[PDB]
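Throughout, protein chains are lettered first and strands after them, A, B, ... in sequence-line order, and every chain is numbered starting at 1. Determination method: X-ray crystallography, 2.3 Å. Both ligands and their constituent atoms are indexed starting at 1 by order of listing.
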Amino acid sequence: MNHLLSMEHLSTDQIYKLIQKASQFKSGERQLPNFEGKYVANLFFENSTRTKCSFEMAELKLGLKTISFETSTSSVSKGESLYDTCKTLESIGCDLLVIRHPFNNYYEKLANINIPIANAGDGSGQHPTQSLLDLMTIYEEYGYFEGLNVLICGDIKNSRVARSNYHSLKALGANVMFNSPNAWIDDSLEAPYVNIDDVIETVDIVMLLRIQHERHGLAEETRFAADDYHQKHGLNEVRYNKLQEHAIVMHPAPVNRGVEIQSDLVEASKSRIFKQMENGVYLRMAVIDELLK
Amino acid sequence: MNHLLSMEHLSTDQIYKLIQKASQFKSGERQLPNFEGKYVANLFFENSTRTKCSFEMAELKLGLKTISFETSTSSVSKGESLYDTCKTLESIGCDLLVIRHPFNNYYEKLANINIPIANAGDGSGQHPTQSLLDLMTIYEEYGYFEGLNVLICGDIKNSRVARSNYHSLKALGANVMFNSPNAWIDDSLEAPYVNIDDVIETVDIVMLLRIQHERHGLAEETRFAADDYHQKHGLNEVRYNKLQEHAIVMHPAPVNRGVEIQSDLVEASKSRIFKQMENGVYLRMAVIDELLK
Amino acid sequence: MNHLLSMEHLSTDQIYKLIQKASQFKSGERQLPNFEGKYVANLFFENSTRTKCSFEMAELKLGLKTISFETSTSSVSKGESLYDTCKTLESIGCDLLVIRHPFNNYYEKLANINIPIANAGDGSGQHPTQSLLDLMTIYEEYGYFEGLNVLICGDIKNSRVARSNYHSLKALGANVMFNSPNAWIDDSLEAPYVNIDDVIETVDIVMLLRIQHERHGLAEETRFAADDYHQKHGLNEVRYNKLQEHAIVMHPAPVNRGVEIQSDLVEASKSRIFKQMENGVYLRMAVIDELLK
Ligand SMILES: O=C(O)C[C@H](NC(=O)CP(=O)(O)O)C(=O)O
Ligand SMILES: O=C(O)C[C@H](NC(=O)CP(=O)(O)O)C(=O)O
Ligand SMILES: O=C(O)C[C@H](NC(=O)CP(=O)(O)O)C(=O)O
């Protein structure tokens with residue numbers, strides 16, 4: 001594990017080792033590693049609160065120091081390529097890069113980078129640390145994946161979260177289903193597309209997605225009606241009350257309250273939305289350990 | 001104390017204890033506390049040099065580590081509420097939030113946050129750390145507040161500094177007076193409005209304010225004449241030369257040289273403007289201690 | 001050395017002492033100094049990747065802590081002058097300022113700053129840490145400067161790098177030559193202006209410059225042709241193949257690949273472009289040591 005770029009690059013063995021290490025860091029069963037003397041740069045070319053702040057928390061707790069990089073004050077405005085930016089940070093003594101970039105598969109331009117890269121998101125491609133922390137949360141809830149009924153609702157084709165989660169849940173033997181507006185069906189993902197109300201009473205995990213407005217074109221954005229989306233594709237009171245006693249609600253965040261989820265359900269008893277954000281720190285510690293060990 | 005949001009929330013006893021702790025940190029009479037292992041996020045949704053950099057100096061000197069948050073690169077652009085931002089930073093393991101936000105009373109939306117909040121400014125509402133460092137500076141100058149004659153000149157109704165200082169000085173038994181253009185009189189603050197030249201010879205403390213151009217409407221901004229404002233409401237040579245031997249000049253900064261104050265008076269003998277910024281570090285150390293103990 | 005503002009302020013003795021200290025830090029011959037307990041602010045009012053990130057790497061490796069300052073979130077929008085910003089950071093307990101600013105000779109407004117200032121670039125004026133790391137790289141390559149043939153190609157009159165390097169190379173007894181489009185000839189620098197192809201076979205060092213598009217006026221930017229610039233002023237395959245066995249290629253970065261340099265030459269055997277970026281960390285450690293000693 002030289003890099004962490006895509007869930008398609010991980011075996012189920014590597015997924016279990018990362019999840020179990022993260023759980024043992026969190027429980028105190030395993031003491032945190034010490035990487036005092038090592039440096040990390042966080043390169044966020046798209047916006048982030050959780051992924052950037054939780055990577056920073058993980059890095060500082062493992063004794064790394066950060067090199068500040070804000071895109072808009074960098075020599076990117078002078079015409080510097082992503083490769084030159086990464087190779088520059090290597091040359092000045094960085095031991096690790098964490099990169100979120102708007103280009104799908106940006107990491108294919110970074111073959112000649114000799115320090116580990118953690119992909120914090122490539123456009124609508126992969127979000128492996130979101131997927132791993134989602135899997136960690138499910139594993140802590142139930143202790144197993146095989147036969148789990150998972151419904152992923154919302155903007156599927158524009159979601160790096162849906163893509164990473166589909167591949168890894170399927171490989172772990174979960175039953176993945178999608179609910180989507182017709183416009184946002186992803187043909188590349190072979191799982192059934194269903195009505196929420198046909199399956200809500202027999203699902204174990206409902207994963208809600210934010211609508212990726214900033215990834216959409218003009219026609220989609222001009223015809224968007226929030227109230228109509230909520231009625232057809234959102235978790236409301238009636239749908240929440242049909243969840244089995246054991247079932248949980250997940251969302252990679254941020255939430256648009258009243259759109260994909262009724263506001264007062266965000267911190268309802270079956271929600272693990274804020275739990276996911278806590279777990280992300282421990283999972284990112286496990287990723288850092290695997291890359292720098 | 002659990003939070004520091006408003007001077008209306010503090011007793012004069014709490015004000016004295018904060019001022020005295022800050023002075024003892026500054027003098028070396030009291031050793032700095034050690035909060036190694038704790039994390040703070042600085043959330044500045046309005047611009048800042050002093051409040052943000054001095055909070056950062058105070059945090060680092062007490063052994064805290066910071067989680068970087070720039071508003072414009074955060075998931076706020078994806079539609080995340082202030083509450084969700086704060087609860088997210090709590091969930092990932094922040095022990096303290098320092099928040100400046102343009103909404104008056106923003107902190108009333110943060111009742112369900114379980115970690116301490118220091119208000120670095122809520123629009124035109126409160127600026128409690130400015131008020132406390134102003135009070136610390138006055139206390140170090142004179143050793144008492146009762147019967148002090150304080151003139152606060154400039155944009156009163158748009159000033160969180162004037163509002164916080166009015167409440168706390170009045171509670172400590174100071175005589176508070178205002179000089180304002182008619183447009184910027186604050187009706188909510190019961191203190192006399194006076195002409196500078198009627199009281200300048202008998203004041204102990206002149207506090208100058210910056211004009212809050214960024215908080216004004218079109219009509220105010222289109223009619224503004226800097227030279228006319230300076231003649232009527234500014235500290236010039238003639239007004240400075242009428243100050244008593246013991247009197248001091250204060251300004252929360254930044255200064256607009258030639259508007260509320262003649263340029264060469266910013267670092268004149270009776271100015272405590274740069275002294276206030278030094279004292280701000282020690283007062284913010286005292287606040288952090290109270291919030292994290 | 002109280003400040004580092006201009007190469008015109010340094011003796012050749014001071015240049016040798018800085019270069020040799022930087023080389024001994026890099027080789028491990030000399031242990032890094034420990035400035036734990038000291039604070040630095042990095043004030044980048046123009047964009048930077050190397051100069052800002054390498055100063056930060058140098059600062060953290062010497063045990064300094066940074067006070068975050070981003071121009072666009074500072075009280076500069078409230079009308080604060082550069083002097084007031086610097087004097088504020090002094091007052092709050094900063095021990096060192098690193099400043100990049102668009103105004104040529106900005107530092108002449110900072111006479112009343114009482115802490116050391118390192119100039120990370122003043123408009124088209126001076127870039128002393130670039131020049132010193134360029135000199136360090138040449139010194140490690142050859143062990144001497146006297147009689148060295150150095151060709152500096154590109155936008156000369158808009159380059160703080162060309163200005164700093166001209167003065168210091170000439171003082172060390174190197175033979176400095178320029179290649180420039182007619183528009184970008186600098187009259188203030190008395191060195192021959194030559195065609196690349198007339199001297200390429202006899203030069204020891206080719207230093208390429210980026211075109212300073214952001215420092216240009218309308219007429220220059222509207223008539224720019226990248227293709228034509230590359231043919232006349234760029235390092236291509238034919239020019240690279242004419243270099244002496246011992247000759248090196250330098251560039252302060254970032255590179256515009258295909259303009260001043262053919263893409264596949266950036267990491268060719270004779271290139272020291274990424275070596276320069278590594279050396280900059282050690283040179284900036286030596287500068288910080290000299291200023292805080
Ligand atoms: O799912 C979303 O809507 C955004 C999604 N979520 C995150 O990773 C959280 P954040 O943007 O705060 O780091 C992402 O793909 O970036
Ligand atoms: O009143 C002013 O001029 C600004 C005033 N002062 C400050 O706190 C200083 P700064 O904006 O640099 O943190 C404020 O209310 O933010
Ligand atoms: O030569 C250039 O193009 C810019 C030149 N280069 C640098 O110093 C490197 P950076 O801008 O990444 O700090 C400068 O003058 O800043």
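Per UniProt, the macromolecule making the most contacts with ligand 3 here is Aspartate carbamoyltransferase catalytic subunit. The drug assigned to ligand 3 in the PDB is N-phosphonacetyl-L-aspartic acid. The letters of other chains with a heavy atom under 4.0 Å from N-phosphonacetyl-L-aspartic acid (ligand 3) are A, C. In terms of N/O distances under 3.5 Å, N-phosphonacetyl-L-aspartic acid (ligand 3) is not approached by C/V161. Within N-phosphonacetyl-L-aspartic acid (ligand 3), counting atoms from 1 as listed, the ones closer than 4.0 Å to a heavy atom of C/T49 are 10 (P), 12 (O), 13 (O).
For chain C, a heavy atom less than 4.0 Å from N-phosphonacetyl-L-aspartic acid (ligand 3) occurs in the following UniProt carbamoyl phosphate-binding residues: C/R50, C/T51, C/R100, C/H127, C/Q130, C/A253. When the heavy atoms of C/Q130, C/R50, C/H127 are ranked by distance to atom 8 (O) of N-phosphonacetyl-L-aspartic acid (ligand 3), first place goes to C/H127. Looking from atom 4 (C) of N-phosphonacetyl-L-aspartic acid (ligand 3) to the surrounding protein, the closest heavy atom is A/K78 NZ, 3.3 Å. At a heavy-atom cutoff of 4.0 Å, N-phosphonacetyl-L-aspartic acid (ligand 3) is contacted by both the backbone and the side chain of C/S48. From the protein, the heavy atom lying nearest to atom 6 (N) of N-phosphonacetyl-L-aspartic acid (ligand 3) is C/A253 O, 2.9 Å.
If you look at C/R160 next to N-phosphonacetyl-L-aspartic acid (ligand 3), the close heavy atoms, those under 4.0 Å, all belong to the side chain. Backbone and side-chain nitrogen or oxygen atoms of C/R215 are examined, and none is located within less than 3.5 angstrom of a nitrogen or oxygen of N-phosphonacetyl-L-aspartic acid (ligand 3).
Contacts between C/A120 and N-phosphonacetyl-L-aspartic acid (ligand 3), counted as non-hydrogen atom pairs separated by less than 4.0 Å, are absent for every part of the residue.
With a heavy-atom cut-off of 4.0 Å, C/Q212 touches N-phosphonacetyl-L-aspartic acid (ligand 3) through its side chain alone. The UniProt annotation of L-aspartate binding in chain C and a heavy-atom cut-off of 4.0 Å around N-phosphonacetyl-L-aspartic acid (ligand 3) together pick out C/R160, C/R210. Counting heavy atoms under 4.0 Å from N-phosphonacetyl-L-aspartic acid (ligand 3), residue C/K52 does not touch it at all.
Within 4.0 Å of N-phosphonacetyl-L-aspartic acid (ligand 3) on heavy-atom distance sit the residues A/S75, A/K78, C/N47, C/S48, C/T49, C/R50, C/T51, C/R100, C/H127, C/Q130, C/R160, C/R210, C/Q212, C/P252, C/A253.
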